[PDB]
Amino acid sequence: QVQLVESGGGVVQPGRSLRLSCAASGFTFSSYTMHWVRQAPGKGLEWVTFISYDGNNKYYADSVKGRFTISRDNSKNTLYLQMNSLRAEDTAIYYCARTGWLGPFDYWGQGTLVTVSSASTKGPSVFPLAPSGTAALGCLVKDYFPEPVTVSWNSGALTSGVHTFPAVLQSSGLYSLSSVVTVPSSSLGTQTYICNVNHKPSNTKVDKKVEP
Amino acid sequence: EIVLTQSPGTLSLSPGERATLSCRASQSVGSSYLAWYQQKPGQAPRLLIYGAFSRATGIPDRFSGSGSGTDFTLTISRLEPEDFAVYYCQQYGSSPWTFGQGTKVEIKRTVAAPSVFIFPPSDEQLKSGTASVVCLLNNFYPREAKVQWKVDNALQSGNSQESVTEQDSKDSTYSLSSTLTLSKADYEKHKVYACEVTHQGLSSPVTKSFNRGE
């Protein structure tokens, strides 16, 4: 039916520029007004900017006035957000949204993620969390950037009992993460438990055997 | 500077039970230009209610909105598994299109006490010059717990970080990991490392510990 498709997300350093685009189909584009709405990691929704059908009325939240530019090209059915002088606090998923005739945001795009950090791509350091009826052992996946990271146990052969925690952001700009799994303690001497950690942005995959 | 305040922050019910979510406005939404949105985990929001009582096209009948002035309510009459999400209220039509901070509806189960584990820093980490001590709270409910670290019975503060899983799909519990950061020099000075956990399901706080180098 009516679809909104967003394209422009990515990872950039602070102070830089980045243009988001929202291609729209399934309706007459130039008859509705459009919005950008952003959502920081683990936080609520926040209205960003508004544009009318004509293009002669643009409104901006105080967070972004003077740095963000909303625009639309009806001949291509596209809404744009030019983001300038980017700050770390701008890190969020950005949605385009349509205002129905009646007033609310009736159709939302799928969301592009935008990350603003001064860190450089960095593979993680992996350390074993050794164990000592049921026992626990795990993996410390430390000091990587950016998200995400894929953790698997025994190459995916071990899924029952696995907890991979969400990454906490450290003061350095790098993320850190822990994955654990509980096992029958009777297996610590016989079964081998190998951490598998994949960080696609840095081109690093490593395996760490975890032992008493 | 209108503030929409949603309550409660988190709402914990069993499946099949009725859910009531509230949105209080700092000033009156005289137009009743109030919307409710559903955001399922990992998805963009979808409009549920507009004009504060009008069901959007293609929304199940169990969702319903009511209220006026400064107080609006969203009612989910029979919580299906797909209904356990976060819900935002919104005033539209005017200056900031302000949102509420959101209400999360999670699955209610009986209390579960966490299984506690402590992990000493690995030799590999120490060889790199850092020391991380990890305490794990496994499969507990409800989500609120507190973890205290004691290095030789000295209470730490400001040097630990904690992450929490989302509600498990099979048994609706939570898991928590706490990571104490010390300098390698500090870790080598003291002997006994303990994490002390307090939780609803524990009669008295459970303490798991280890002495360094053993």
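To find a chain's letter, count down the sequence lines: the first is A, the second B. Note that chain A carries the PDB entry numbering, so the residues on display, from first to last, are 1-132, 139-218. Sequence positions for chain B are given in the PDB entry numbering; the residues included correspond to 1-214, in order. Method on record in the header is X-ray crystallography, 2.7 Å.
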A.B. asks: List the drug name given for chains A and B.
C.D. replies: ipilimumab
A.B. asks: How does the deposit identify chain A by name?
C.D. replies: ipilimumab fab heavy chain
A.B. asks: Write down the PDB name of chain B.
C.D. replies: ipilimumab fab light chain
